[PDB]
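Some notes on the structure that comes next.
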Amino acid sequence: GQXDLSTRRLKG
Amino acid sequence: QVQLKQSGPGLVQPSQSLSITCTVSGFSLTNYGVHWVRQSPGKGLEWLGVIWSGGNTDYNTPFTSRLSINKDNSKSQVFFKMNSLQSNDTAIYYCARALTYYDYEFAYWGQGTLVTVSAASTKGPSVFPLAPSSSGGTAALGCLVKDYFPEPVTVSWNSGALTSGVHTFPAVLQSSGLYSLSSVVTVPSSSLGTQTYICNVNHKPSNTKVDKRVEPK
Amino acid sequence: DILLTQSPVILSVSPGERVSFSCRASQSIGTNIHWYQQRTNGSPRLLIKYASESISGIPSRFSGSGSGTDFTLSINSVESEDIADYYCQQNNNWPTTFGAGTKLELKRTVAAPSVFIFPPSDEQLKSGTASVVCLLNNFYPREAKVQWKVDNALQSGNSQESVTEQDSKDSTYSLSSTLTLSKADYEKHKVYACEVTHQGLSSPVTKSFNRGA
């Protein structure tokens, strides 16, 4: 549901 | 065509300011406004502000105090500055242009500037080879980009000519506070004798630019 | 501000299937809504402007509908290249706000991983550290277990995994597990094994090497 800086993808 | 290219990724110490330059091409800053959007873990996509064709600026309510946007039309440059950053200001900052000069449907984006807010020091990585040895004519090889800060780091293979079979894993934060990632590629075993395999590592925050030749041990 | 609620959080479909994205606004915003696609390490890509209007260079399988508070983005025949996050943006009220997004995963047949183990380079050993890497390449689904053993001793707490997003072509994942030891520890042992458990494997696959050869 949160945005991950390491992939520019949503993770959790 | 239309392009927006931002300045390189940066580290900002707590309570200090962030500065980003958005250089545009394919259109004139006199005919279009440039918006600034950031993407953070805790707030996702967030509209920060805009500088219009005529020079006026609007800033989103939470940033009216520390946000400042300027531009140089002749140099096709827009200057983003935000003050007194904290940890939750760590995000990817984009400059963007809409379809029309007055609107907000962002059809053109910058590549994004990853901003890390940390008191830690910049640290260039070490690049180590992941050497193949002795899968049905397919050999895997790669590079280990270890112990760097902050993010990001770019990895390509053979100056961009090799993209098929490439996997660049997301960086993991080690207990030492430094990042580390690997980049792998699968190639025919028979090509390992007549082909050179180089990973092009570039850690812009530290000006570390390394080419690592990866051979069978 | 206007709160945009996207639903669901994660969508998982098969290629060729239909898929719709929900974006609900905290109040009526008419048709003033734009949709965005964002691939891994990419910037947002404008898909639809004003709920339903087409965008240049966007495949015809992308379309949007809705008005008031309930809006829909649809892909009639989804493809592997559509693996991304999808955001909606409203601009009927200042300031323009974005939704939280919907992740689009793609189902595909089970693929067993290709496993490769990499010893630490002699270059890194000079730094006083040994990194052993095990590569799980092109597999599906995402669930996988990596078990490290050093002279038949189960390793725990001294490894870290990293998993790629879904590949835009074959929709597979790849995983890297890095075992990290001190050089003194690494030189005190011989057999370094990586056991991989995955649904596509009838039995665990173990790649290993002996320090030296």
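Letters go in sequence order (proteins before strands), and every chain restarts at 1. When the header is checked for method, it gives X-ray crystallography, 2.5 Å. Any value given below was found using the heavy atoms of this structure, including those in side chains, with hydrogens, waters and symmetry copies removed.
- The drug located at chains B and C is named cetuximab.
- For the set C:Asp85, C:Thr40, C:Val9, C:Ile10, the count of heavy-atom pairs under 4.5 angstrom toward chain A peaks at C:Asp85.
- Counting heavy-atom pairs closer than 4.5 Å to chain A, the top chain of cetuximab is chain C.
- If you measure heavy-atom distances from C:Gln38 to chain A, the contacts under 4.5 Å come from both the backbone and the side chain.
- Heavy-atom distances place both the backbone and the side chain of C:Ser43 under 4.5 Å from chain A.
- Binding site of cetuximab, heavy atoms within 4.5 Å: A:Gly1, A:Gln2, A:Unk3, A:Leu5, A:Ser6, A:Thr7, A:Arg8, A:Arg9, A:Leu10, A:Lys11.
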